[PDB]
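Entry below: contains salinosporamide A (bound form).
Proteins get letters first, then strands, A, B, ... in listed order; numbering begins at 1 in each. Method of determination (from the header): electron microscopy, 2.9 Å. Every heavy atom of this structure was used, including side-chain atoms; hydrogens, water molecules and symmetry mates were not. The displayed model is a subset of the deposited entry, and contacts were enumerated within the subset. All ligand and atom numbering here is 1-based and tracks the order in the structure.
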Amino acid sequence: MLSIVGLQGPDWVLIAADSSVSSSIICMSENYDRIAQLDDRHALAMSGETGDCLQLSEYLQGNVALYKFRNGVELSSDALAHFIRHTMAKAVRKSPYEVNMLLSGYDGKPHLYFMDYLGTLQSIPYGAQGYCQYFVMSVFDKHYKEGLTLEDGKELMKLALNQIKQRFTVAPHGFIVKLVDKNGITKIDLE
Amino acid sequence: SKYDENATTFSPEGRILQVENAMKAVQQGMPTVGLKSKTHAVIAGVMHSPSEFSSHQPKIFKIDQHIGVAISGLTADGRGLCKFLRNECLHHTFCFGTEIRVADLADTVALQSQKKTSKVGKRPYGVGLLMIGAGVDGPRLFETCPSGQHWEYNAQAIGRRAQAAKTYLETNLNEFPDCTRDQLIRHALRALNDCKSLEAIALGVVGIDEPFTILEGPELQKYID
Amino acid sequence: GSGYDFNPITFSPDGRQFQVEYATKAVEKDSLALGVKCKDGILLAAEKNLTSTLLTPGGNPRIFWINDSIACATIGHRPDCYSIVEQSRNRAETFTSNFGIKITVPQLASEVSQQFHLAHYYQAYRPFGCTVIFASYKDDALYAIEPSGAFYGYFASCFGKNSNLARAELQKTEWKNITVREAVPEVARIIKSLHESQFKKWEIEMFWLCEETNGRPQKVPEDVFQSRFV
Amino acid sequence: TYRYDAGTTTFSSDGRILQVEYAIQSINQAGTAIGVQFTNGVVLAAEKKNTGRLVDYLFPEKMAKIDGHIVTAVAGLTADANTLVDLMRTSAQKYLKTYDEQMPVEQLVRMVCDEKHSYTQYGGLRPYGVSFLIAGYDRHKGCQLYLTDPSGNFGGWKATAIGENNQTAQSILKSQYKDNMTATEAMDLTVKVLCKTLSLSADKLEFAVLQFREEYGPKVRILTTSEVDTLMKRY
Amino acid sequence: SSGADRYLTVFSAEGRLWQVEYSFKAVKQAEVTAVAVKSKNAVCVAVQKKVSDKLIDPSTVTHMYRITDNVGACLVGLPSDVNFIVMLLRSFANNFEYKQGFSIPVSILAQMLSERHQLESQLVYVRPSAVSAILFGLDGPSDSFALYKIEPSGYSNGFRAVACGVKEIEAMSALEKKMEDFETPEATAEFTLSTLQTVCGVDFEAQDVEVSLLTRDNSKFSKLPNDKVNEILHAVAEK
Amino acid sequence: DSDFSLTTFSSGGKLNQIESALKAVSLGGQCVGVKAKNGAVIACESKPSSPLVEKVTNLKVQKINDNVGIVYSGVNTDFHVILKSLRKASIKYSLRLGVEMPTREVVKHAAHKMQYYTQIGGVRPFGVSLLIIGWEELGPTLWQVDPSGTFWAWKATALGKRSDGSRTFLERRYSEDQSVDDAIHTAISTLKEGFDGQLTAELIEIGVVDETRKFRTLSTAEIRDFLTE
Amino acid sequence: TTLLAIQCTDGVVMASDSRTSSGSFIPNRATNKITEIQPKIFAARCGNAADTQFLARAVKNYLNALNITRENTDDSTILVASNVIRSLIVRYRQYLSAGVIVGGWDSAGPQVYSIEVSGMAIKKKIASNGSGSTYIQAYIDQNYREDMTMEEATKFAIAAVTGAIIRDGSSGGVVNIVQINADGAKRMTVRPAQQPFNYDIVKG
Amino acid sequence: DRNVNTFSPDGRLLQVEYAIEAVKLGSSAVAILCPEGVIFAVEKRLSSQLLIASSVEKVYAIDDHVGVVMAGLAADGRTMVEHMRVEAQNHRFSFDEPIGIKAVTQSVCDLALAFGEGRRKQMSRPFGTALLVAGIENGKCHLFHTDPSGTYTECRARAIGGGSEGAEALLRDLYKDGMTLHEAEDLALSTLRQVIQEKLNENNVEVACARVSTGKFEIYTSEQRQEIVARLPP
Amino acid sequence: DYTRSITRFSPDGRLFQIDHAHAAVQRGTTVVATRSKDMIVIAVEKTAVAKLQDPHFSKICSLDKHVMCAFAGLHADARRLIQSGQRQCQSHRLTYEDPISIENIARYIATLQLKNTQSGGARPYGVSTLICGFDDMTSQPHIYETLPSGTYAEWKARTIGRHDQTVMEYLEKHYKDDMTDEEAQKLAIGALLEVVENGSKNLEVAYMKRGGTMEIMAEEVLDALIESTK
Ligand SMILES: *C(=O)[C@]1([C@@H](O)[C@@H]2C=CCCC2)NC(=O)[C@@H]2CCO[C@@]21C
């Protein structure tokens with residue numbers, strides 16, 4: 001039930017994730033990077049058990065690199081999104097990966113995909129996995145404008161994360177936000 | 001020659017020439033001698049030293065508490081057969097809780113060697129085993145052949161120069177049943193001495209009550225006289 | 001002569017299975033073993049031409065237990081002989097597992113001839129250079145399987161060296177008219193007459209399955225007939 | 001055993017798999033197949049192996065569609081060609097199922113060449129005695145034409161030939177092939193090269209024209225008998 | 001890989017399966033001839049029972065076997081191959097009865113044996129089973145008699161009259177030159193034994209031939225006891 | 001271990017086992033196929049081993065499905081195995097797709113199986129060439145499937161004993177405009193040309209696909225009716 | 001279900017009811033619960049109908065397999081049938097709730113083996129199984145004699161299975177009799193009109 | 001013949017003898033056991049100066065206590081030493097102790113002769129590598145010799161490779177049971193230098209000691225190899 | 001499955017199949033891998049029909065972001081080696097999260113070739129591979145040459161394929177112990193040019209800088225370096 005929130009802009013994607021890793025009632029770390037950079041172009045925020053998320057992220061990143069090396073071409077964001085969807089569809093039926101993801105990738109066009117452990121793939125302008133969607137979707141609906149600037153995008157993502165902090169009972173102690181744009185995945189701070 | 005292709009090929013004379021080649025590989029091993037008294041059984045052999053400063057390659061092996069085998073031929077195949085025999089002893093001491101009879105071990109190793117000679121892509125074990133056991137069956141000596149058969153003996157010699165040992169055993173065959181453990185060991189060492197081309201001779205001795213034990217080098221000095 | 005003699009599954013242009021014929025040659029090389037059905041039971045006698053005087057007296061069996069009612073005389077390649085003996089024991093055990101009853105020599109012979117035939121029918125196998133005479137008084141059956149896998153019930157079977165003369169001599173006696181204890185001297189005389197002088201030391205490994213044995217296989221006791229000869 | 005084994009997955013004293021060299025020779029005994037890349041597509045042409053007054057030219061024999069963006073001409077054993085075309089179609093559709101994207105041409109060529117190579121390195125089976133001219137389009141590398149071998153070796157070619165008189169066709173292409181050609185120009189080039197190397201009946205020839213358009217996408221059309229006849233009569 | 005066309009079951013340069021023809025000659029090596037005649041009212045199969053040595057129990061020297069109660073099989077060939085084929089036809093029959101729930105027809109059993117002989121003639125690691133099989137019986141669905149021959153090649157056919165063994169050519173010639181739509185089971189048996197006796201060129205006794213005469217009354221397979229065989233032989237010695 | 005391929009390329013790129021299977025076809029009994037405008041025909045000279053053979057029990061012309069039919073030339077047992085496989089493929093196609101397997105799909109499945117047996121180890125190629133008739137959208141279709149697994153499409157062809165002479169006869173006496181009756185007459189005349197002695201309706205099996213697009217084996221009465229004319 | 005196989009001096013009488021029950025509904029009112037495994041070997045079936053029919057067909061397969069390599073097809077066939085019934089029940093004890101009484105005639109004479117749902121096979125002179133057999137246990141004990149002939153045992157088995165039919169809801173319909181002697185097996189059906197007793201025996 | 005597991009009419013596994021020949025075609029290696037330790041001196045064949053000598057290491061540390069030097073096919077020897085390393089770590093895992101030198105030697109030997117052909121899916125040919133396994137077990141250095149046949153023998157001194165026979169002949173009158181580790185290193189390097197076709201140098205030789213005092217199999221550095229080659233009489 | 005032990009020893013002790021795989025390598029295009037303190041450079045000569053084919057089919061491959069790979073020999077056996085090497089690099093990342101050591105991946109490729117020399121029914125890879133790259137765990141650029149025999153050796157500058165002996169002589173002559181990155185480029189380029197009579201239109205040169213990925217030299221910089229070397 002970890003809070004990962006994606007926000008797609010005209011030429012960027014702000015992908016944020018709960019940075020607090022936990023063991024039972026203990027917050028083991030306050031800066032755990034739950035967003036997985038499968039490629040230099042794609043950051044996969046993952047909500048789920050830390051072990052399942054780590055193993056799935058490593059598998060997907062290894063497969064993306066293997067596709068890049070086997071064939072001298074990098075996966076697209078639609079191709080990678082559907083590869084993740086195929087992986088999750090295989091898993092659910094046999095040996096399920098219990099991870100709900102937001103795949104944010106920039107391959108010349110911004111892309112944000114709502115993915116879940118079952119394998120529902122949907123390109124979204126904004127979304128979230130965990131209970132944070134119940135808190136952030138409305139704010140996006142209330143404040144997202146087409147053609148949103150990157151600064152307005154950071155403001156809107158900050159608003160969504162602040163809503164997670166304020167209204168979600170299990171408030172993440174912090175978030176790690178990453179900007180996925182033509183320059184790649186860069187970790188940022190929203191203040 | 002032209003039918004010496006596989007262990008699966010019969011020559012027009014009914015002979016498996018690859019089986020005969022493996023049997024010769026056994027006949028090229030160092031002299032191995034086995035004896036059997038009414039109370040004890042003995043296997044002895046001049047261990048092979050490939051180099052001057054190399055030790056003598058072990059030749060006597062303890063399969064179970066009252067079972068041992070002396071290999072003659074490819075020592076690697078001998079070790080594989082020793083592994084198989086120890087597995088058989090461990091599955092007979094698991095299924096039944098008692099020690100297997102050396103006759104049953106001879107049956108199993110003969111079956112394995114025959115299956116090696118009956119299916120293509122397999123070679124006969126290039127090693128012949130002088131197995132001595134003691135138990136409810138009494139002391140028993142079996143010379144297992146690569147072909148997939150074991151011959152029960154009161155005494156036997158295999159490997160190189162084994163005709164002299166066989167002659168000695170034939171001369172003293174009727175003495176062996178009443179020969180004590182010490183006398184059977186002495187007969188073994190004096191059948192090997194006729195094959196001499198001691199620190200090379202290793203001898204495993206077993207008895208109905210005495211568990212199989214391996215004596216090598218100076219330990220056998222007391223049995224020379 | 002031609003190249004049709006290397007592959008067991010290969011047929012000669014005359015329809016001959018040369019590898020099977022060489023397995024039969026291996027059988028013919030071995031010292032004769034025979035079986036006779038008698039009033040009181042069936043007697044299996046195997047001639048053991050002891051290559052070395054050091055061989056254990058009464059050891060190196062050629063007659064084997066297959067079941068508490070079935071014995072197996074063996075001729076030919078002794079590795080193949082005991083392989084078929086153990087495969088017959090396994091076939092009897094599997095038959096008991098599948099059907100509960102104890103196997104009969106006719107269908108035991110059929111099941112083991114199945115392996116005999118598979119040896120020269122599918123590649124990657126060597127034909128069994130052994131003839132196995134399964135005897136059972138409780139089944140009144142004496143079925144001999146040949147290296148090809150051909151198995152026949154016999155009134156008096158025999159295979160090995162001098163097998164033709166041994167069968168001709170077995171033909172001279174109506175074995176069912178007599179019991180096993182009086183059959184033993186006759187069979188012993190037959191084998192001694194055919195025993196080759198070159199083999200000085202030898203033995204007659206006799207077994208019988210009779211009422212005196214309650215139908216169980218049993219080596220003919222030494223007191224009844226000392227198997228060992230010089 | 002192995003007395004009657006041909007060592008299909010075994011090297012020769014020269015270092016070349018003699019079964020792959022014999023498969024290549026079999027291809028050289030097969031009907032000529034020519035591929036030519038033009039601006040936004042690739043034209044494949046081939047000579048039917050079955051060409052008689054009675055043979056009914058119902059469907060393409062040497063030409064096969066692998067996907068909406070990939071077509072293949074083949075020289076060599078048409079049966080092995082059908083088997084590998086089925087495998088290539090299954091692989092392209094597997095890649096479409098996995099990635100919701102049309103399989104890149106180089107990756108399908110690498111898949112068929114991995115199959116053909118595996119037959120030359122493992123299992124002691126007969127190699128696929130076929131050479132594919134795999135024309136196709138992918139976003140990554142535009143329109144491509146690959147020449148595969150029974151060894152499992154492939155190479156992109158602007159224009160190439162395989163089969164009987166493949167060297168003559170290659171020389172004719174080298175003398176005549178231009179870059180950034182049009183569909184009509186490349187098709188006429190293929191007609192000229194076939195006519196010189198190869199008789200010459202239109203129904204004996206097969207044509208397929210991969211063409212990438214920004215609007216429709218990558219479209220593969222294997223020219224029908226009427227289209228082939230109309231195209232050849234124009235020379 | 002050249003040279004396997006004569007030692008393995010692969011086609012030769014002339015397109016022949018030499019191993020199949022050699023399995024035919026191995027069938028000829030059985031030293032025994034079978035003749036089967038089918039009539040609207042019965043099917044009689046007589047196969048000479050040549051026991052080479054009288055030490056052998058003759059009841060075990062059989063070329064006629066019970067595949068099912070309704071389907072018999074007169075198998076001429078190598079005795080080992082004959083036993084393999086009896087066990088493989090019985091396995092076919094049992095598998096068919098377990099799946100389809102009814103006893104295997106002679107036609108389907110012949111098809112399955114032909115399929116096995118085709119796997120033998122194609123799989124180079126399997127010897128062509130040298131058994132010419134005469135399957136026969138009364139098919140219930142048609143309530144009519146079936147008589148099929150499956151050669152070692154697997155070439156299976158339905159026959160009004162068929163023959164196997166050493167005199168297969170001569171027996172088939174005599175059968176076709178004298179085949180009739182017999183009106184009695186005993187006329188079918190007489191023709192069967194007469195053709196077999198004539199082609200074998202030796203007088204027969206019940207000891208010297210196994211005869212199974214499946215009639216509409218006795219549809220179930222059974223080798224005729226020596227009484228009925230001798231009666232048929234006397235009927236054949238009448239004329 | 002016999003997993004090695006016995007069909008291998010020779011020094012010159014000639015699959016000797018394929019040529020051997022083709023020779024087996026060439027000595028496997030003449031079978032003709034003729035594609036008419038409104039149908040297709042496949043006949044064969046099914047001369048039995050003896051007059052005692054029952055024809056129905058080993059019919060060479062067989063049904064693959066309601067719309068597709070097959071005749072062969074070559075090893076009869078190989079044809080029976082391929083026929084069982086093709087019928088099983090057709091019923092599988094019906095199970096998965098509710099319709100009989102298309103004619104070219106049946107041909108491609110037979111070709112795939114034969115190629116498989118020409119490539120996998122421990123086996124020989126099927127020694128039969130199959131003439132498969134059936135209707136596609138554009139009309140009737142006749143298809144030759146060789147042991148190699150290569151499948152021609154023919155308007156007419158013979159591929160059995162004396163098939164070169166019969167194919168020359170078809171080249172000389174075939175026209176597209178022939179009807180199904182004309183195609184049957186052409187097939188029977190081709191069989192007569194390549195058969196020694198008088199041809200009989202008993203000795204040939206004919207299977208036709210007609211306007212109904214359903215494959216039907218002509219009964220001996222119908223074959224005799226055609227022969228008399 | 002009422003199964004009652006009696007090994008007589010001159011044959012085997014296998015009596016059964018004909019009522020297949022799905023709860024209180026009778027899907028089949030004329031059930032052949034005694035399956036002809038072989039012409040002289042029959043299997044009276046109780047417990048799950050599907051499991052018992054699979055058992056019958058599998059035992060037909062196993063007995064034909066017994067005949068693959070032998071010619072004495074009528075030898076030990078009933079004992080082998082009981083053994084295979086028992087090995088299938090113990091092998092599939094988790095999935096097969098089947099009890100079978102296999103009775104008939106073979107080379108060994110008349111035989112009746114009761115393999116229980118647990119997979120316990122016992123050669124029985126008098127064997128009964130099924131829910132209805134409980135109601136007639138005392139009746140059998142009072143009216144069964146070892147010396148009964150096949151006709152006497154047939155009458156007694158009809159009476160006992162009729163009593164079980166009357167007192168058991170799971171047992172009903174007609175009394176399927178099978179009389180197996182050396183000559184063969186004769187099937188009979190005792191319809192409710194021809195049954196010796198009626199529901200009127202209840203309360204006198 | 002024509003199959004790997006075939007016996008010559010002389011009773012020899014032909015592939016085994018040919019693998020022995022392959023070992024005789026490999027680089028020389030002398031193993032000298034002395035009560036202080038077992039010393040390997042190995043000819044590193046350098047086809048060029050560009051060849052990184054440390055990467056053609058014919059000496060492999062199977063474990064802390066046991067090491068191995070190869071002769072013959074370097075790749076088959078790599079497989080053998082990989083198996084030996086897995087066996088040594090498995091033994092430490094299963095019995096909380098260093099694997100015996102004889103034990104790991106026997107394990108790799110059992111692996112050696114497990115080659116086969118003709119059976120459905122194993123290695124297809126014998127290892128063309130002979131190993132000189134040596135290490136410290138129970139405060140004692142043990143030196144073993146494995147050859148492709150799968151037979152292993154404990155050795156006080158042994159030689160494997162091209163100069164194996166000549167090296168053994170030189171060791172005949174040069175090897176004694178009470179030598180110091182200094183003397184053992186000197187003898188190993190002298191025998192190697194004698195049985196190689198190039199002047200001995202620290203870069204073309206690989207020296208390693210299973211040292212009892214340290215109880216560990218270490219591989220000597222260039223400095224130690226120079227420290228030994230300097231002392232040699234030539 | 002098929003197990004015909006393609007690779008067997010000969011009486012003289014040679015694996016003739018390995019000799020034939022080496023011959024296949026020696027008929028492949030020349031590859032020259034050289035290293036500097038901080039950069040590795042690979043130069044493969046290319047034989048092609050410049051007017052009729054795309055020169056984008058490269059012998060140099062990237063097993064990982066730190067492992068560069070070139071080959072000489074059969075392009076299909078090399079493709080299989082490169083595919084397995086890329087899979088192994090990603091599997092090493094999966095199992096360890098650390099970039100696979102250049103020695104580790106070179107050992108893996110050599111072990112693939114070795115297994116093909118050891119696995120029955122498997123044809124030895126007719127490819128010699130130059131596995132180059134950088135290890136952060138060692139701070140050393142590495143260039144290993146894996147052979148068809150399955151033996152891998154690190155080199156300061158190694159060449160494979162046709163003309164490998166001439167290029168080896170050139171490398172030995174013109175190698176400096178402490179070359180700069182551009183000096184390594186010049187050595188590799190000149191060594192390849194020693195056997196090639198064509199410039200940038202033929203040669204293909206890639207390189208990997210310290211802590212960098214594989215970059216293919218342009219057709220402008222390559223030609224400039226070629227002219228500078230001359
Ligand atoms: C009897 O056992 C019974 C019947 O369905 C019966 C089953 C075996 C033979 C076929 C018909 N099994 C049942 O589940 C019910 C409940 C008790 O008796 C049944 C009627």
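- Bound to salinosporamide A (bound form) with the largest number of contacts is the chain that the PDB entry calls Proteasome subunit beta.
- In this entry, the other chains with a heavy atom less than 4.0 Å from salinosporamide A (bound form) are G.
- The deposited entry places the covalent bond of salinosporamide A (bound form) on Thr1(G) OG1.
- The entry attributes the source of chain G to Trichomonas vaginalis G3.
- Binding site of salinosporamide A (bound form) at 4.0 Å (heavy atoms): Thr1(G), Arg19(G), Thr20(G), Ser21(G), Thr31(G), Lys33(G), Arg45(G), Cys46(G), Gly47(G), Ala49(G), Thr52(G), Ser131(G), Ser170(G).
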